[PDB]
Amino acid sequence: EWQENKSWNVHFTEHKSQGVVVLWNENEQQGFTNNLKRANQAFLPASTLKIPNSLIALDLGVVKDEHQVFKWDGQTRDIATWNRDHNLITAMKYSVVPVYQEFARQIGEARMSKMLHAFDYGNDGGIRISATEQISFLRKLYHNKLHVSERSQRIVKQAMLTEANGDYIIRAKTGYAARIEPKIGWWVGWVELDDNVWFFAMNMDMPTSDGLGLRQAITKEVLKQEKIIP
Amino acid sequence: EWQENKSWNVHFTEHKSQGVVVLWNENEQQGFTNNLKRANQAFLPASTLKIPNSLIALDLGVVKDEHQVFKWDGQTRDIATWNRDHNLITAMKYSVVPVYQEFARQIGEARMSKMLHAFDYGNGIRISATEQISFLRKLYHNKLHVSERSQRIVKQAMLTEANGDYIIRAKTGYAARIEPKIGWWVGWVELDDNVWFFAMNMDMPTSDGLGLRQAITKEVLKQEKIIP
Ligand SMILES: *C(=O)[C@@H](NC(=O)/C(=N\OC(C)(C)C(=O)O)c1csc(N)n1)[C@@H]1NC(C(=O)O)=C(C[n+]2ccccc2)CS1
Ligand SMILES: [Cl-]
């Protein structure tokens, strides 16, 4: 069901990196990857977990809507985009750790773990997901099949909006797990075409911060190779 | 409250076109046009009516959701992108008039008018560029008399363009039957901490000029520090 495409490995080596790319054809329901064992290999979700978190914040009423403002606490941090007020949409955009940590605290770990367990997500982070596992969660979200309000899922799906043009829409989330060796960077989401939807999940070795861009770059070189995007 | 930046006219003349652009700064509650007269002049809404039409079709349940397929009837119409199955999102993107006609037949002229009159839309049905903004501002704010789900899903279906700088939600109109033949573009642009509603119409002497609807608008957004 998951075909392997060695020919994708050149994109990682051309950028002198290692990683995995997992595609899912929704109409056909075939998976495609450059490496299965790493595809099914589980890592920390670092910020790709702000997706299910936002669902729980919303569905439990920690977040009224995407317009509600979460003021700055006044503490200058070392990411300047973090030193401002935010709503769920901007907080997702700049991955504002301080904001989502104030969700995790108004919500409690007990509900978190049980709620994330209902999502069938994993198993401070707290859990471990593989790219393949990351795509099965994404498809549930796409189809409003998680057991929370459709309002929650539609709001999160709006906040995942990364890029849209006359040819496709991308809804995704970046991550970077950089507390445990290996440090590894995530990009999971999907690309919406006129008559099909391609899910993807990629992760790769990220010892620096300087290669984060390759997360999207290497993924987009695959989607061109497969003629998915022009 | 409504101001005239006449300097925008160079953008119409530069393509030897004539039209109006109407911008509404949301945070500042102040609006801008290149032509006070033509801004408030009423025109057929032609394809910009698909926004309220979609609202009504969703909120009465004729369309279950943005995924539901409306199969192509089989008539090879002139416009190629119509000749295929669509859903609410692709129907809106390609302005698929026959898909929406089946909506109408389903809903009835009666419920369609009543609702459209609960949206405070038109005045044979006409709407000015400034009037489009008032309606859009109520959709953006989820304040029209239809469910919230309805208004969200339509706002998803209007998505046109998005990057890390801005998001644009809009609908085009092309009207020819009576004169003049005019083009529409109405929508808003979602900034980090503001939103900018816009409604433009213009003279569409030829069909070729269709892309000048977005082009002339963006030159005004670009000229206004709204987009880069
Ligand atoms: C909405 O604007 C739709 N307009 C029409 O279908 C046409 N006229 O609408 C009239 C009758 C004027 C009205 O008052 O409603 C029409 C069909 S053919 C023609 N010369 N005028 C569709 N809107 C759009 C658009 O905004 O661009 C179209 C996209 N398009 C146009 C030409 C070629 C390919 C694609 C189709 S019409
Ligand atoms: Cl959206």
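The chains carry the letters A, B, and so on, in the order of their sequence lines. The PDB entry numbering applies to chain A: residues 24-146, 159-265, in that order. Throughout, chain B uses the PDB entry numbering, with the displayed residues spanning 24-146, 161-265 in order. Atoms considered below: every heavy atom in the structure, side chains included; atoms not considered: hydrogens, waters and symmetry mates. Read the numbers this way: they start at 1 and go in the same order the structure lists the ligands and their atoms.
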Quick check: what drug is at ligand 1?
ceftazidime (bound form)
Counting heavy-atom pairs within 4.5 Å, which chain has the most contacts with ceftazidime (bound form), and what does the PDB entry call it?
Beta-lactamase
What are the letters of the other chains having a heavy atom under 4.0 Å from ceftazidime (bound form)?
B
Which organism of origin does this entry record for chain B?
Klebsiella pneumoniae
UniProt-listed beta-lactam-binding residues in chain B closer than 4.0 Å to ceftazidime (bound form) (heavy atoms):
B:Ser70, B:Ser118, B:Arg250
Which UniProt active-site residue from chain B sits closest to ceftazidime (bound form), and what is the minimum distance between non-hydrogen atoms, to the nearest 1 Å?
B:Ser70, 1 Å
Would you mind checking whether the entry has ceftazidime (bound form) attached by a covalent bond, and to what residue and atom?
B:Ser70 OG
Name every other ligand or ion with an atom closer than 4.0 Å to ceftazidime (bound form).
none
Name the residues that contact ceftazidime (bound form) at heavy-atom distances below 4.0 Å.
B:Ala69, B:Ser70, B:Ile102, B:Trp105, B:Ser118, B:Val120, B:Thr209, B:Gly210, B:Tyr211, B:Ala212, B:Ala213, B:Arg214, B:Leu247, B:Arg250
